[PDB]
Amino acid sequence: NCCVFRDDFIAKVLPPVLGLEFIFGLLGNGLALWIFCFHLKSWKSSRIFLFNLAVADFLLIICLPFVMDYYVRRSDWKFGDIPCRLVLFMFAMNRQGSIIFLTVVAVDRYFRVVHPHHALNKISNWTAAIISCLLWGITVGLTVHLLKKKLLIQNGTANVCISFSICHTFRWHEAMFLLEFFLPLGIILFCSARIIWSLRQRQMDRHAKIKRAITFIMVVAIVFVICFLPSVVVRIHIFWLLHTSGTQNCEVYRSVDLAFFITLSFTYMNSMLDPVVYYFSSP
Ligand SMILES: C[C@@]1(c2ccccc2)OC(C(=O)O)=CC1=O
């Protein structure tokens, strides 16, 4: 009897917003994959990591119509009782996989400006594919547990495919939702701080085009914070009522859960702005 409910205001927000993001997501990341496969004449180590970033976003954009149909049925999973776990495993894997390949690019850019002579900058394509394959391995390590757990809680006659329910339990999925964001913020922000400082200490900033390069190092951090921070702060807010003054009354959870469910739409926006900021902007 965990806190699960639905409202009508979200039905006037999510179906238009989620559908609109799907149009931009498919045209953006779909076109980006076209250039990588048939227009990139030299596949270096740096472009390999960026390619995986587009694959993760595309695997999430293709699943946007399925989750969109969930709301239009008044929050009812009409079909796919077993695919409910599948359609949710493909969502957390894409979200976490995008973050992992988002920090790697930031880490890769850090080693090219602060340690120009390091041997890591000259790794061959294969070595950049063995590392990339191992990164995909750890993505499913923290996500395949969705299949083991049972899902589709029945509210009498309705079906809801939700794993972010506001119920007082030490769930690994909820805890991993907080580690997937705080830890990269301690690496992405730190790496982007030295890149925007080493390029300034050595006076390379002035009288060069590199001003644009410094600008887009901060743009990446801005997009990451805007897309993921609001979802986290409303998740921690739920934990406050869950730990103290909660677990009994479901009315206090109504406001936060509705905000959390809507704020989750911020996450599928980083999969739309990534081709605009990462690939297309760069020459
Ligand atoms: C909205 C939702 C979803 C996913 C697939 C099918 C229905 C609903 O997306 C997530 C997620 O982004 O991880 C958790 C969900 O409950």
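So for chain A, numbering is the PDB entry's, and the shown residues are 17-299, in order. First listed ligand is number 1; within each ligand, the first listed atom is number 1.
Of the chains near ligand 1, the one making the most contacts is recorded in UniProt as Hydroxycarboxylic acid receptor 3. Looking at ligand 1, one finds the drug acifran.
Transmembrane segments of chain A with a non-hydrogen atom under 4.0 Å from acifran, numbered from the N terminus per UniProt, are 2, 3, 7. For acifran, the residues with heavy atoms nearer than 4.0 Å are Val83, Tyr86, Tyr87, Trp93, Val103, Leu104, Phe107, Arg111, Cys177, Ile178, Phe277, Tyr284.
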